[PDB]
S.K.: 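The following entry shows colchicine complexed with Tubulin beta chain.
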Amino acid sequence: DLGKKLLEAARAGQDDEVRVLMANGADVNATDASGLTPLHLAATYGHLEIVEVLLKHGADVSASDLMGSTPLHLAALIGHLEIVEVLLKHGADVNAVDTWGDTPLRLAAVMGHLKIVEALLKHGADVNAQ
Amino acid sequence: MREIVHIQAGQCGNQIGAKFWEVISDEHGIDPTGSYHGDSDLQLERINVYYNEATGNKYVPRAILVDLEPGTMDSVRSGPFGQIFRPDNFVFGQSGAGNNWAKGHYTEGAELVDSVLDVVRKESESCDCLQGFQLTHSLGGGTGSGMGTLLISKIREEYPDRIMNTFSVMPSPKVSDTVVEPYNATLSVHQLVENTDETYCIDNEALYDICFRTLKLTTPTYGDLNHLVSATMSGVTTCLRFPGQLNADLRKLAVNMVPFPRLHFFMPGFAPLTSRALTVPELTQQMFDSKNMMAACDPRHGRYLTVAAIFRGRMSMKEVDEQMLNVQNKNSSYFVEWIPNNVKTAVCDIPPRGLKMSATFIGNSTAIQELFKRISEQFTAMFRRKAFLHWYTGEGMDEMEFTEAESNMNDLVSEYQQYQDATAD
Amino acid sequence: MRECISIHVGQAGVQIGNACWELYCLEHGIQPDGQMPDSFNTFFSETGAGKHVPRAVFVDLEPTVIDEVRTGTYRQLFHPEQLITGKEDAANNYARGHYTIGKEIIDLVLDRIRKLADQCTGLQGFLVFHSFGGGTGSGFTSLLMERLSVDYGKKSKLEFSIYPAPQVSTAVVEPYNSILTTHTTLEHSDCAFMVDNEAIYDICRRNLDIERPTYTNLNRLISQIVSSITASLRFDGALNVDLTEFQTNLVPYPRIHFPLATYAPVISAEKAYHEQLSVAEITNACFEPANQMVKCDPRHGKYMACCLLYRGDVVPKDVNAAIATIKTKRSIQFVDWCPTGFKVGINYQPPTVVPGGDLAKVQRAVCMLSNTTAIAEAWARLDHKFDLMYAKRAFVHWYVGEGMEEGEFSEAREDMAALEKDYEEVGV
Ligand SMILES: Nc1nc2c(ncn2[C@@H]2O[C@H](COP(=O)(O)OP(=O)(O)OP(=O)(O)O)[C@@H](O)[C@H]2O)c(=O)[nH]1
Ligand SMILES: COc1cc2c(c(OC)c1OC)-c1ccc(OC)c(=O)cc1[C@@H](NC(C)=O)CC2
Ligand SMILES: Nc1nc2c(ncn2[C@@H]2O[C@H](COP(=O)(O)OP(=O)(O)O)[C@@H](O)[C@H]2O)c(=O)[nH]1
Ligand SMILES: [Mg+2]
């Protein structure tokens, strides 16, 4: 299954495997059992080149898993600044609210990712409203 | 003879442990070869508490050096006091723990644990009368956190009648090596609550804040943070190491400082806050100030269950007494009314290096819940999204272990709140 | 012969013991090696060489304090077998002193006591020196008192107990240890002299002008008072000649066995030449609360018994005239079932002080021993501190982890509540 293979490659940061699987018809928007897509996984695990490659070939920038987590929530939680900037530039919903009522700004602030807090606020993150 | 066995585990544990040895060796007049060269008999009176007597009037730290990362052996051995340590007391692995609590606690650490215990046993059996154990480690990594807590639980089963004391370094995003630090620290706190008699909470968040406030550092080195840790470690062990009015060991300290078994997490403090002479009222005010605490909690948000204060140097002992009682009378609301005379002061004639007067604070405060709340909130943010969970489950851990550690830390927070709101009915 | 064995338990017991034996030696003319260039044979045994050996036992659960005795000025006064030490102390925990740590040394301590008892031909009993606050002073003393009541059933047991004070190095758990030891010792003690560290601290500051008194300053004052109480046992007078008489003269109700000691005069050695105080002046000072060994208000209480023990240049008719004035000018209320009279003892030797010490040598001194209901105020102070902590079970885990049942705290407190009531019932 090409979908499962691309999810694994995006998580593991296998740049060459990602490109090879996509050339074979792999679903860029495939989901695992929890609703995580290759973009969610590349954004969580800091694979910038894969994040960029997925976005160039139809990945949904604001896809939600079963818990309402978007790739931006995950990049902000883990503290991947360059990934946060790339997602925002590609139209990620800065004010996306997950099942716990958290926004990317709230996660970046809880984890002490000050540069991401700044970047989110600059791209219209609403602090007083979730 | 009141001997203490010192253990240092992981990168942070060995770095702060080496600095403790360099600082206390200077106070006791012990050079890196183990030779004494001081001018006072008071320096050697209680030398046996931390040092073994070696051949030809030499002193050797009763210290065990542990790490899963081999490179730690080298860095300690290359330090100014590197040669003072017994070579067979270095117990080192080759693969590392990769900042993973599960690797330290169940995999690599479980494989090295017996070798450490053999060294602990050899040191313990040679003691005339073992007081207990002192462990230095961080809670944010893999070795100090995972293997350190595994070592504590094994020591607790082998030496149940001996005190277990830790100097535990709390992680902060302001000083962070990885985002898995909240998982590693939560899993460790759970173990510390159950298996240690008394823990000094050395909070990296507070160390960063002190360095920013005092030296305007936005980018401190571990050296900058460690200067505060070593000053504190020297101060809190003063009455164990030096002769004076106080006839007391670690158990007597635990008895009077710990009213509830789980609430054994101390907020250390230090004055004056220097860099790499104050009056008695100035030392006293500074010692009780939020800006001087080594745990990032506001004392004003809670109540002190118990307080110990150690003044060092030549000063008016009458002035110290008046100043200490004044703090309690003017600020009665910050001390629980249901533990009478819960603020204790000791004075030691010998000041630390490069200082004429100093004061060390040891607080058992309900405000420490702020530190546990901070870690818990970061743990929860990470755990809800299951980020990096396979690192732990891949070592055989179950997700229930995470849920259980989460609940126990939240139970600890609620216990502190219960005593903060308690009235002297 | 009528021998008395002194037992010093824990740091406070041992250190006060050091000060007492130093003063006894000076009073009886015995050198620190035991040689002398006898009524005192009640407290000192004599070898074939003429060496005078104290009938004393020193016990501690850790060795530091007793090691100072073993190497100090009086290292040749006591025999090594009389100085017993453990390796690990009781860490301010009554339960360690009584149960876990104390059980390991009790048999050895009793064996050593038995060796001294074998040297006696008419053993009167024991004088037990200890703190209320220490884990050893509290816990080990109560275990030893329990074992001595079984092994020496007919023997009298008196205590000199160091009552805790915040001004004098107390610890947070000391109110617990005080109540725990009081409960378990109550039925095993015939008479107990409480020494409140705050009263001694106050006297040293006010009368000796010592801003921050050391244990040496406090203990030299305590030994001066203890010597005044035991003089009758060492000089063969007419009042309190045997241990049994202390109970007969001061204790009409067995549980209410805590007499208030009041001492005068306490004069600084480093103060300008003053006209010596008369019998009337030192007697008047016995009713001054500032001179008491225990802080309490005797005007709030009632007297059950009263003994006046004079030493030095004291004429009996001058004492009788002083007492007559006291029954007039002052309001001394006795309980309706007690004789109302004051028992008088006079020892004619000039009072003795440590040479170079803080206390000035006086021509005449007096210790008044009064059994007053006012001393219940000292029990109420301890009970209040106990209550605050116990309501939250603060520190209780330390005791439970050291061979003690939690229920023992409740049983001890209930006994203290009954004791406070005993005082209240007599006080009306
Ligand atoms: N007056 C007086 N009080 C003392 C002396 N030493 C200790 N104390 C008091 O005794 C109490 C502490 O008890 P200690 O006797 O020192 O302790 P311990 O009996 O040896 O027992 P542990 O150390 O707990 O095993 C406190 O209230 C002290 O102020 C002394 O030499 N004189
Ligand atoms: C070995 O070092 C220490 C050991 C202890 C104490 C202490 O603080 C002054 C120490 O220095 C840090 C101590 C602490 C707190 C107390 O009350 C909160 C107390 O009652 C009592 C104490 C100590 N006792 C006294 C009279 O200070 C005994 C235990
Ligand atoms: N204060 C202080 N913190 C340190 C030091 N070295 C590492 N840390 C902290 O310790 C945590 C990482 O654990 P570490 O000890 O390096 O890993 P281990 O070797 O697996 O135990 C993080 O919170 C670091 O900030 C040090 O020398 N001092
Ligand atoms: Mg002691």
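Chain lettering follows the listing: the opening sequence line is A, and each later line takes the next letter. Chain A uses the PDB entry numbers throughout; the residues present, in order, are 13-142. Going by the PDB entry, the residues shown for chain B are 1-42, 45-278, 285-360, 369-441, listed in order. Residue numbering in chain C adheres to the PDB entry, whereby the residues present occupy positions 1-37, 47-437 in order. Scope of the values below: all heavy atoms of this structure, side chains included, with no hydrogens, waters or symmetry mates. Remember, it's 1-based here, ligands and their atoms both numbered in the order they're listed.
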S.K.: Tell me where in the structure to find colchicine, all copies included.
M.R.: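 Every copy of it sits at ligand 2.
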S.K.: Taking 4.0 Å as the heavy-atom contact limit, which other chains touch colchicine (ligand 2)?
M.R.: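 Counting heavy atoms only, the chains are B, C.
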S.K.: Which residues and nucleotides contact colchicine (ligand 2) at a heavy-atom distance below 4.0 Å?
M.R.: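 Using heavy atoms under 4.0 Å, it comprises B:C241, B:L242, B:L248, B:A250, B:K254, B:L255, B:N258, B:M259, B:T314, B:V315, B:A316, B:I318, B:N350, B:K352, B:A354, B:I378, C:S178, C:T179, C:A180, C:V181.
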S.K.: In this deposit, what name was assigned to chain C?
M.R.: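 Entry name: Tubulin alpha chain.
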S.K.: Starting from atom 2 (O) of colchicine (ligand 2), what is the nearest protein heavy atom, named by residue and atom, and what distance separates them?
M.R.: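 So the nearest neighbour among protein heavy atoms is B:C241 CB, 3.5 Å.
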S.K.: Starting from atom 22 (C) of colchicine (ligand 2), what is the nearest protein heavy atom, named by residue and atom, and what distance separates them?
M.R.: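 Among all protein heavy atoms, the one nearest atom 22 (C) of colchicine (ligand 2) is B:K352 CG, 4.0 Å.
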S.K.: Only heavy atoms of B:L255, strictly under 4.0 Å: list the atoms of colchicine (ligand 2) that pass.
M.R.: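 The atoms of colchicine (ligand 2) under 4.0 Å from a heavy atom of B:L255 are 3 (C), 4 (C), 5 (C), 6 (C), 7 (C), 10 (C), 12 (C), 29 (C).
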S.K.: Quick one: which colchicine (ligand 2) atoms are inside 4.0 Å of a heavy atom on B:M259?
M.R.: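 Taking each heavy atom of B:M259 in turn, colchicine (ligand 2) has 15 (C), 18 (C) under 4.0 Å.
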S.K.: Number the atoms of colchicine (ligand 2) from 1 as they appear, then name those within less than 4.0 Å of a heavy atom of B:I318, with their elements.
M.R.: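 Contacts of colchicine (ligand 2) toward B:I318, numbered from 1: 11 (O), 12 (C).
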S.K.: Which heavy atom of the protein is the closest neighbour of atom 23 (C) of colchicine (ligand 2), given with residue, atom name and distance?
M.R.: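 Its nearest protein heavy-atom neighbour is B:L248 CD1, 3.8 Å.
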S.K.: Do colchicine (ligand 2) and C:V181 have nitrogen or oxygen atoms that lie under 3.5 Å from each other?
M.R.: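 Looking only at distances, the answer is yes, because the N/O contact criterion of under 3.5 Å is met.
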S.K.: Please could you name the atoms of colchicine (ligand 2) that B:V315 approaches to less than 4.0 Å, counting only its heavy atoms?
M.R.: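 That gives atoms 18 (C) of colchicine (ligand 2).
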S.K.: Which of the atoms of colchicine (ligand 2) are close to B:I378, meaning less than 4.0 Å from one of its heavy atoms?
M.R.: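 Going through colchicine (ligand 2) atom by atom, the ones under 4.0 Å from B:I378 are 12 (C).
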S.K.: Checking a contact table here: which protein heavy atom is nearest atom 18 (C) of colchicine (ligand 2), and how many Å away?
M.R.: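 Closest protein heavy atom to atom 18 (C) of colchicine (ligand 2): B:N350 O, 3.4 Å.
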S.K.: Against heavy atoms of B:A250, which atoms of colchicine (ligand 2) measure under 4.0 Å?
M.R.: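 Result: 1 (C), 4 (C), 28 (C), 29 (C).
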S.K.: Considering heavy atoms of the protein only, find what lies nearest to atom 8 (O) of colchicine (ligand 2) and give residue, atom and distance to 0.1 Å.
M.R.: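 I find the closest protein heavy atom is B:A316 CB, 3.4 Å.
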S.K.: If you count the atoms of colchicine (ligand 2) from 1 in the order shown, which ones are under 4.0 Å from a heavy atom of C:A180?
M.R.: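 Matching atoms, with element in brackets: 20 (O).
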S.K.: Look at atom 19 (C) of colchicine (ligand 2) and say which protein heavy atom is nearest, naming residue and atom and giving the distance to 0.1 Å.
M.R.: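 Among all protein heavy atoms, the one nearest atom 19 (C) of colchicine (ligand 2) is B:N258 CB, 3.5 Å.
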S.K.: Relative to the heavy atoms of C:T179, which atoms of colchicine (ligand 2) are at a distance of less than 4.0 Å?
M.R.: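 So the atoms of colchicine (ligand 2) that pass are 26 (C).
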